[PDB]
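Inspection log for the structure reproduced underneath, given as structure tokens.
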Amino acid sequence: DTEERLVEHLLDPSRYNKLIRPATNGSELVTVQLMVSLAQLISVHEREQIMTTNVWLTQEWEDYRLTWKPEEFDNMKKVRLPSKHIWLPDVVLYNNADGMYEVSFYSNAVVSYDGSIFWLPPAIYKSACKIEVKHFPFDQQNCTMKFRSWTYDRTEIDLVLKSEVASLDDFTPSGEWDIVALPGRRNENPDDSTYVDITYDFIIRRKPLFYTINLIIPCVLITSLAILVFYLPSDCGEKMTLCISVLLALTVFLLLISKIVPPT
Amino acid sequence: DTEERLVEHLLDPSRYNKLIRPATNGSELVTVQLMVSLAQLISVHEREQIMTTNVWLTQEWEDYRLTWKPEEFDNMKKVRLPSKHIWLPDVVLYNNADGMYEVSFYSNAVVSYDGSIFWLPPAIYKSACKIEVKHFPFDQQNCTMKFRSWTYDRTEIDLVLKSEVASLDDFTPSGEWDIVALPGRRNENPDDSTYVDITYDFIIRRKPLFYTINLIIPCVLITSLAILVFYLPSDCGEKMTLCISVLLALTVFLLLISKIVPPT
Amino acid sequence: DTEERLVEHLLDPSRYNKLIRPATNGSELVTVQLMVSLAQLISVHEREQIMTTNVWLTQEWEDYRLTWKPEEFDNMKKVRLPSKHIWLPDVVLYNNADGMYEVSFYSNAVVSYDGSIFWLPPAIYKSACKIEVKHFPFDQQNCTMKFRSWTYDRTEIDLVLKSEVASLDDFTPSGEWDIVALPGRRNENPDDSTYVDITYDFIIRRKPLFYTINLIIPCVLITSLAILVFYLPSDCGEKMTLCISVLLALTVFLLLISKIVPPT
Amino acid sequence: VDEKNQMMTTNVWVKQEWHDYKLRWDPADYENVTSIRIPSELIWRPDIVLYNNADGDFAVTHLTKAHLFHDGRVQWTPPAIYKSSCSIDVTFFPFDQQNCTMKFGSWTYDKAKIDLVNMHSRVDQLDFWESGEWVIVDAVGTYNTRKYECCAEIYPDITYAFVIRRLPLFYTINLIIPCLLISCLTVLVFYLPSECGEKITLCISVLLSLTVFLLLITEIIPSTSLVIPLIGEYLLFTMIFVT
Ligand SMILES: c1cnc2cc3c(cc2n1)[C@@H]1CNC[C@H]3C1
Ligand SMILES: *[C@@H]1O[C@H](CO)[C@@H](O)[C@H](O)[C@H]1NC(C)=O
């Protein structure tokens, strides 16, 4: 009951206008700390250069006009709130293919009595990354992720990291792509000064068995019959069958290897 | 705190109204200065003649009933406003495939104390463009992008340009296609005199390596065996195998360049 | 003007709460007489087993707090109310692919002075029907359509069929598929006591010319060369080409008939 | 214009204009304004439904602002995409000429309460975007009444007819040139002498190449059964004479 009186007190639209930012003395900053916890890597799509992942990002910041004096409300330390009705700092993707920018659920935010707000929505993201294919199928791919704010800049909010390596102990394993290493760091532009972002790197590696079995072994078993045609005798009447069929099987393998790889 | 007092002072519905426009002194026009800024060429799809891009478009105009003196409001030169509760000009695409005309998000508008309003939303756009194919695949396409007004016309608003190219500052490089030039023109019809549009042209060069490797090298390595059935002697009984295999391989390559290129 | 005074009198939101049902006399049923009427069968999709139809769904029922005296409003008998502003029982599909449950347009509704409501919205509907594949291409499919209420049950509303067939005089020839019969049944369940639905059964037939001409004829022409390599004498040295190419053309035709029919 | 599914998707600009009676004033009293522009959710507008829909909006849904005159004449041009369904006849596949239709009308008012009058009998093509594959010959609109099954009033509607040809050079240079070019190789195997050992190589290669061309021409035509295309009967008779 008293929590219901508190939630009618806190989100009162005469008291709390949603789309201003919490600051009090002549334009001071707010600090948004964030880190990323992976859940699984779903797919890396090479025909269109797109990585599909599942990621819970944790943001915590510090508001000031969400405060209650907690012995008046019968020793309550911690409420939940719906996150359509409080302020959000907008933290989006920025290298995003297919155009979904916000998060996918808009869950509850936990508000303590100091004003420190913890928030953790889940998302799937279709990030764009540049696939390099020279050592196919043994390569070491690299796909990045930019988190940038959306309507604000460097003199208003300030993204600070918390852990140099993003969290990986909720990971289900991925089958094909094993994860080698996964750091993350803060970038800031020294001649622009309206630019902060936090970029994560994913350094993933192929497991090379299945593509070896299906496209290196029949490729080598076809292309060892190039030198065979001179060891026929000419009187058999069977040269042209062998060398013409070897050329047509080779160009079929060239077109299928060119349908797997991107058109970079 | 005072920013909430300023938003309460400006958007009062007794003082401000949304459905009318800033035209006084006997039907003056307004000037919408617009220029676009590219993000990435996502795709040029030749088979349905379509082009998917990712454009910020930046509009400035001047709205005279949004003013204050900043000494009353704590030396604020600059606020944000929600982009639905002001006036907008209506600027959309005109040659759009699949019907989605206006911008994506309606991001927040930056309002100064002159009344001069700067605003930029993001958008994705699927424009249609006439594919010039004669030098396939070493070609150089020319894809148009038109912008008109949607409700108004030349005796109420007046579009004008800022600079004569689009901004290529946040253009990440693409992979397949590469830009050459991006001019911008303003057109106007002198037999109608109620028609402006601002059209951008994109002149794109294709990197030619991929289709060379898949389509030009096996075509020249198959058409180099056309005149070689004659030197073959008639005793061996192998003329029909060579000449029938050359004819069927050329028909298979003719159906592949049928299925790629547009059917104009 | 008197139409305006009636439309303001009938939808007073102090008077009329649209979230209740018009029960009188100690919880009688309301009886929703529906009958459906086809417009065209668009497509029967054999590979994913979806039948796409376009249909008009006439529902009529009895209300009791939407009447007037027609002398008091200068002889109106029959007005039009914006649909979805009045009560409506939710009558949807139930065997649905792709999650579109309700109707597509929400048109106007015709109120008499009795309280009888008439309603006819259109829809496109994608039912998921079970394909008999044995006598392909001469077969006779049977597809289902099951209309149930969505939020109510058998103690509250009561579906009644209007006429035993679905109507068909506002339909155009479907070309490839022609109709045989369209019965409609009311199923109640004896055991459950809370289960009424109206199922229609479209019984359709394939016009067998096109798959005969493009599939049965070249299969018969290829399998007529099965018995022929024995009548060919062995000293030509050409038996192997005929029997190998008969087996390769036969297995390519088996895989094409495997990709037309569903994988049941 | 989609021939496998029998559809036609167009991007069209529907122009409507009508009168009312409460939206009128005197321009001398309000500082000499004539025409304003109010958004179109706040007035009455009539309900115009494409009857011929197949995966379509079934009404306009962009809701562009409306121009109201002092005398009550309002006008409205909302743009729409539309996905109409038409029937495809294909006998002369190389040089076809199709006829696809649209059927606008009002949904729930009849002829003694609302009434369509078509304005100009052409479809106005002052900003057609030249598609390259098809050219419009004709585009006319005929006014109709029809009496339906439910109700005893009659209902007006307007049927538009689109007569379009196919510019035929692409399928000429890529489909009937290789088919007619390997069709002159069918009668040749009798000239070839029988102690070469190379006759049935030629008969098997010609039969399998015509079978590939018939199973590739079955993609582009629809699966109807009223007609057969005239290229397919020639390919079937050539396959009969080759076996
Ligand atoms: C009242 C309410 N809905 C109706 C729907 C339709 C008709 C009359 C109606 N009368 C026919 C005329 N237009 C669409 C169908 C058919
Ligand atoms: C991975 O890609 C990013 C983006 O270019 C780059 O900063 C980084 O150095 C790369 N690392 C490796 C190991 O390739």
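In the text below, chain A, chain B and the rest are named by the order of the sequence lines, each starting its count at 1. Hydrogens, waters and symmetry mates are skipped; everything else that's a heavy atom, side chains included, is used. We count ligands from 1, going down the list as the structure has it; atoms in each ligand are counted the same way. Only a part of the entry is shown; contacts are counted within it.
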(Q) Quick one: what's ligand 1 bound to in this structure? I mean the chain with the most contacts, named like UniProt names it. (A) Neuronal acetylcholine receptor subunit alpha-4
Q: Report the drug at ligand 1, choosing among acetazolamide, varenicline, iobenguane, brimonidine.
A: varenicline
**Q.** Other chains near varenicline, heavy atoms under 4.0 Å
**A.** C, D
**Q.** Name given to chain C (PDB)
**A.** Neuronal acetylcholine receptor subunit beta-2
